[PDB]
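This file shows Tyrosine-protein kinase ABL1 complexed with asciminib.
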Amino acid sequence: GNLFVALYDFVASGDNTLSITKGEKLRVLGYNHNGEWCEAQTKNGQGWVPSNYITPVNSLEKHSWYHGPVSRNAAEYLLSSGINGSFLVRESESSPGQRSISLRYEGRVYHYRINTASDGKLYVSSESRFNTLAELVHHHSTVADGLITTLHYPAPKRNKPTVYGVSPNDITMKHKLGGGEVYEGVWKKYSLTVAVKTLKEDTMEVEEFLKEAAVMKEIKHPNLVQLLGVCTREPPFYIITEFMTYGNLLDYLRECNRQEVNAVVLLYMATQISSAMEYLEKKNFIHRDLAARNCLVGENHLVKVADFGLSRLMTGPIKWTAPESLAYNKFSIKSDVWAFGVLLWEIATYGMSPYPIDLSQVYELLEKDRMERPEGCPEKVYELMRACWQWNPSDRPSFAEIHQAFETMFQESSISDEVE
Ligand SMILES: O=C(Nc1ccc(OC(F)(F)Cl)cc1)c1cnc(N2CC[C@@H](O)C2)c(-c2ccn[nH]2)c1
Ligand SMILES: COc1cc2ncnc(Nc3ccc(Oc4ccccc4)cc3)c2cc1OC
Ligand SMILES: [Cl-]
């Protein structure tokens with residue numbers, strides 16, 4: 001009804017950004033070039049606001065139980081911390097317009113489809129159809145009516161929506177890491193915590209460091225780290241990226257509390273990384289340094305991938321390479337598929353050192369037959385990483401194929417159930 005409602009809290013602290021509290025009423029006056037920001041007027045003032053942080057009043061997103069387009073296993077992770085009656089309504093990522101209800105009950109997560117009849121009345125069971133989705137959700141929150149339990153408690157959001165650009169349109173240096181290249185720091189103009197990477201050369205050339213970053217600036221995916229800025233005017237070049245509070249994926253995995261980080265969490269991270277790699281491959285970009293250290297962990301196990309196009313740097317890296325990448329200097333997605341298979345072995349092993357096996361002869365060890373089953377790794381997952389390690393690179397599945405497998409691997413089961 002011409003009005004908008006804020007879905008997430010946003011602190012302004014920006015050029016002309018407007019602070020919004022969840023549930024505030026907004027009148028939208030316009031949008032910026034990319035649409036990631038929109039000018040809004042509220043009872044307090046006028047200013048720019050992230051577009052994904054607010055939704056139209058007539059929108060179905062105004063409801064808490066509607067999480068928009070959500071992966072099936074992402075929804076399963078969302079319901080992992082729930083109780084009986086915990087539920088969410090999601091849009092199918094593979095085919096949009098298809099709606100599903102994910103409902104948690106006694107440790108299980110059940111998925112139901114909201115099918116539309118010839119009348120257009122959406123329904124879950126054929127005996128009760130409704131004109132609108134809100135009617136159906138209200139009815140199934142009143143009685144179960146064919147569901148295993150009533151839709152009682154909408155699931156909370158996993159993370160705030162990702163925005164591209166700190167503004168609609170060198171600086172403070174904090175502590176580095178501790179040791180045992182990348183520093184944490186503050187941007188004053190927007191007063192936000194960022195990560196700054198310094199570098200020397202070899203891969204970081206004179207004109208490549210600027211023309212390559214232009215392609216990197218166009219890297220925009222929820223599971224890919226965002227290149228906020230670059231500073232090439234000083235002998236130490238600065239790479240400004242988002243900040244992830246939990247840091248290294250390998251360090252997280254080795255120190256994590258496995259009761260909180262269970263098999264569903266592991267598949268959530270794997271699906272995130274696979275979707276990031278699918279986005280990178282579909283754009284014809286090669287990561288080249290895929291591994292656990294180059295991934296980062298965020299809130300609610302939000303995983304992002306960094307160090308893409310980095311190739312060199314840090315280095316204080318043999319086992320994550322393709323057999324054809326170090327023998328003949330290959331540049332391909334399939335090498336990244338091999339690195340992804342090693343990464344998934346690491347995830348299945350909770351961060352164990354790969355090939356645990358003489359390094360000085362590992363190449364040969366591969367000319368004939370690869371790591372064995374981790375304890376509890378489902379045979380499907382080992383099969384996937386097995387395909388990811390092929391002597392001929394053409395025989396390895398695409399990252400899109402890997403993601404499609406991952407989503408449909410446990411359609412009639414649970415990864416927690418299929419541990420053994
Ligand atoms: O959950 C586990 N694996 C998993 C989860 C999700 C997967 O799918 C994906 F998609 F997420 Cl990769 C794939 C694998 C798991 C549980 N327990 C384990 N332990 C055995 C020794 C004991 O102390 C603890 C191990 C293990 C074996 C070797 N090291 N660790 C693994
Ligand atoms: C809490 O601990 C950490 C938090 C982090 N938060 C964000 N980023 C990190 N690492 C990073 C930063 C910039 C960078 O530069 C590039 C970015 C993309 C592509 C190429 C280069 C590479 C890695 C972090 C590292 C951390 O400890 C290892
Ligand atoms: Cl929306």
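FYI, the numbering just counts along the sequence from 1. Ligands are counted one by one from 1 in listed order, and the atoms in each one are counted from 1 as well. Determined by X-ray crystallography, 2.9 Å, according to the entry header. We use all heavy atoms of the structure for the numbers below, so side chains are in, but hydrogens, waters and symmetry mates are not.
The parts of the structure that belong to asciminib are ligand 1.
Of the residues of chain A touching asciminib, most belong to the UniProt domain Protein kinase. The entry attributes the source of chain A to Homo sapiens. Binding site of asciminib, heavy atoms within 4.0 Å: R258, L266, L267, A270, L344, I347, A348, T349, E375, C377, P378, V381, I415.
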